[PDB]
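Caption: rupintrivir (bound form) together with 3C protein, bound form.
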Amino acid sequence: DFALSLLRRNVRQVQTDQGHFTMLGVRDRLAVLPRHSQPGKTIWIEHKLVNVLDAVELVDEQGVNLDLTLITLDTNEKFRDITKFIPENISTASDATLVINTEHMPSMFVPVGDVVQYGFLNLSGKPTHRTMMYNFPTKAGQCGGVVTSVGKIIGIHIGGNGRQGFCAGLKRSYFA
Ligand SMILES: CCOC(=O)CC[C@H](C[C@@H]1CCNC1=O)NC(=O)[C@@H](CC(=O)[C@@H](NC(=O)c1cc(C)on1)C(C)C)Cc1ccc(F)cc1
């Protein structure tokens, strides 16, 4: 129920020069993407070209790569504010669902099971922190996917090795 309404109201198909991604709209004109999507000044959102007002790579007190980029979109439409569904602290989970929505992989829900603390992750040679892991064969095209569990939004899909998948953890304070 919660995953379905999240998909409808907040999860959008996008394309950058790096390919297809799922984008989570967070509130108003603010949305989050995996860093490796490398959004430019213009982004493709559901068959429309959209101006990107600002893009900031997510940094926390530690000053390390979290593999997320916050963008502000030049749009009329305002995302439903879902920050209250993002935990105040990075949260592991059981019975999690990955919500993917791109032009090539539209509106798909994947039960990934337990989402456990993982932390540091070397993603194709690039150091990444505060990740969590699920034992599910995620694949190319699923980055940006939104990890959800029991009414909470807990991560964004960023990588996998064919047998396991990994997400960047989400905390409410990222979007304050
Ligand atoms: C161009 C296509 O891009 C996409 O489709 C983005 C979505 C995917 C989905 C992967 C695609 C596959 N199974 C998955 O779940 N992500 C990646 O491909 C990335 C890297 C991998 O996952 C690497 N995995 C690990 O390093 C890795 C380490 C451990 C441990 O587990 N995986 C590759 C070796 C697959 C892209 C990337 C490159 C440089 C970075 F700075 C950061 C990220």
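So for chain A, numbering is the PDB entry's, and the shown residues are 5-180, in order. In each ligand, atom 1 is the first atom listed, and ligand 1 is the first ligand listed. Values reported hereafter were calculated over all heavy atoms of this structure, with side chains retained and with hydrogens, waters and symmetry mates removed. Structure method, as recorded: X-ray crystallography, 1.7 Å.
- Neighbouring residues of rupintrivir (bound form) under 4.0 Å (non-hydrogen atoms) are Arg39, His40, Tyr122, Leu125, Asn126, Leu127, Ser128, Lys130, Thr142, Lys143, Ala144, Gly145, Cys147, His161, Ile162, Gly163, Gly164, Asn165, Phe170.
- For the pair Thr142 and rupintrivir (bound form), the shortest N or O to N or O distance falls below 3.5 Å.
- An N or O contact shorter than 3.5 Å is missing between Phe170 and rupintrivir (bound form) by distance.
- Between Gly164 and rupintrivir (bound form), at least one N/O pair is under 3.5 Å apart.
- Checked against a 3.5 angstrom limit, the closest N/O atoms of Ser128 and rupintrivir (bound form) fall inside it.
- For atom 2 (C) of rupintrivir (bound form), no protein heavy-atom neighbour is present inside the 4.0 Å cut-off.
- Rupintrivir (bound form) has no N or O atom lying under 3.5 Å from any N or O atom of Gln146, backbone or side chain.
- For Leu127, no nitrogen or oxygen atom sits less than 3.5 Å from a nitrogen or oxygen atom of rupintrivir (bound form), counting backbone and side chain alike.
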